[PDB]
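Working notes, beginning with the structure itself.
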Amino acid sequence: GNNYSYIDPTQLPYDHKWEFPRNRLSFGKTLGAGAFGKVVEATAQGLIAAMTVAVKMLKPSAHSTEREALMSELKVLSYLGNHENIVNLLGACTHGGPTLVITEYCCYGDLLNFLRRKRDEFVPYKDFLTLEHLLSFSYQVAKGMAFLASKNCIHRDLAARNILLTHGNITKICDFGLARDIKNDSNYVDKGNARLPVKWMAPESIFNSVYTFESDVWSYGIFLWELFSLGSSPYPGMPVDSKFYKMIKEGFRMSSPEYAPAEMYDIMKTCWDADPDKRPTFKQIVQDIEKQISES
Ligand SMILES: CC1(COc2ccc3c(c2)ncn3-c2ccc3cccc(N4CCC(N)CC4)c3n2)COC1
């Protein structure tokens, strides 16, 4: 009985099959900077000639616990494996300097800014943005999240800003700094003291700091609202304050975006069930969207 346990991927050794020499890595422009650190475009010569990649790194002032967390994220990505709809791990630099995590590069950037740029040219039916594209995006994000859940992982920051768009209109979930394997407890209780994405969070995460497969599903529902509203900020007209929390707890939910199909707003509503047990799984969401695509 006690001779069997769940292998914790963050306790496994770093596998040097990922190691890439930093003297073949040339940094280009900065792609983003924030609590996650710094992300740059780069060329990784000979990782496969020259492929364009993204490289995540910490600020030079970073704490030892920040540095350990980047190593832990590397181990999580190493254990997770490859999927079409995530920003995949390609390599790392783990000695001779600060840790660098090398991942796929997505030339169109984040989906939120993409949507906000294409808002004015959007037309529901027929390059330009159409209802068909938005359904495809909903499907691909659900497939990436189903994959994470099939590996017993939660992302904890699902939002349009953390979805990237690459060639062929393929969407990829990015930023795994907060992702966790929850095989042992079937939840995660956040002990951190960082700023949190309150308007994307399930009420049980706000109130009790508990994260689960089902709280990722809540966030997916908020993502759907962002998507079909073409990049509107969620809960318009509502600051994050005592009024906001009271309303969410009492059962307030956002109305449908104008261009959301009724069956997609139906998914949103089940993602936001107050009872986590009544929310759908990503597996169920994928099957639902599949059938909507086929019926279109
Ligand atoms: C639009 C252009 C392209 O932009 C980009 C941006 C990030 C790009 C990118 C192309 N390929 C990849 N990544 C990544 C990769 C890992 C990341 C790990 C953590 C955080 C990230 N980001 C993106 C979203 C987040 N909300 C803010 C920081 C990350 N990004 C073409 O010139 C910019």
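Just so you know, residue 1 is the first one in the sequence shown, and it goes up from there. Per the header: X-ray crystallography, 1.9 Å. Heavy atoms only: backbone and side chains are in, while hydrogens, waters and symmetry mates are out. As the structure lists them, so they are numbered: ligands from 1, and atoms in each ligand from 1.
Against ligand 1, the chain with more heavy-atom contacts than any other is given by UniProt as Mast/stem cell growth factor receptor Kit. Per PDB records, the drug at ligand 1 is named crenolanib.
Binding site of crenolanib at 4.0 Å (heavy atoms): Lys29, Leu31, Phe36, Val39, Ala54, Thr103, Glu104, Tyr105, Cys106, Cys107, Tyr108, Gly109, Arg161, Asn162, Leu164, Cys174, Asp175. When hydrogens are left out, the protein atom nearest atom 33 (C) of crenolanib is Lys29 CE, 3.8 Å; that is the closest non-hydrogen contact. Geometrically, crenolanib and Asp175 share no nitrogen or oxygen pair separated by less than 3.5 Å. Closest to atom 11 (N) of crenolanib among all protein heavy atoms lies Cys106 N, 3.0 Å.
Residue contact check: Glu104 has heavy atoms under 4.0 Å from atoms 12 (C) of crenolanib. The nearest protein atom to atom 24 (C) of crenolanib, hydrogens excluded, is given as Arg161 O, 3.2 Å; this is a heavy-atom distance.
Per UniProt, most contacting residues of chain A around crenolanib lie in the domain Protein kinase. Within 4.0 Å of crenolanib, counting heavy atoms, one finds these UniProt ATP-binding residues of chain A: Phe36, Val39, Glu104, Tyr105, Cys106, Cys107, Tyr108, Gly109, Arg161. Judged by heavy-atom distance, the UniProt Mg(2+)-binding residues in chain A that approach crenolanib within 4.0 Å amount to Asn162, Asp175. Per UniProt, the active-site residue of chain A closest to crenolanib (non-hydrogen atoms, rounded to 1 Å) is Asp157, 7 Å. Between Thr103 and crenolanib, no N or O atom pair is found at a separation short of 3.5 Å. The protein heavy-atom contact nearest to atom 22 (N) of crenolanib is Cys174 SG, 4.5 Å. At the shortest separation from atom 4 (O) of crenolanib among protein heavy atoms lies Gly109 CA, 3.5 Å. In terms of protein heavy atoms, atom 17 (C) of crenolanib is closest to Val39 CG2, 3.8 Å. Nearest protein heavy-atom contact of atom 28 (C) of crenolanib is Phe36 CZ, 3.4 Å. Ranking the protein heavy atoms by distance from atom 13 (N) of crenolanib puts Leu164 CD1, 3.2 Å first. Close approach of crenolanib to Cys107 (heavy-atom distance below 4.0 Å) involves ligand atoms 1 (C), 2 (C), 3 (C), 31 (C). Of the N or O atoms in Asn162, one or more lie within a sub-3.5 Å distance of an N or O in crenolanib.
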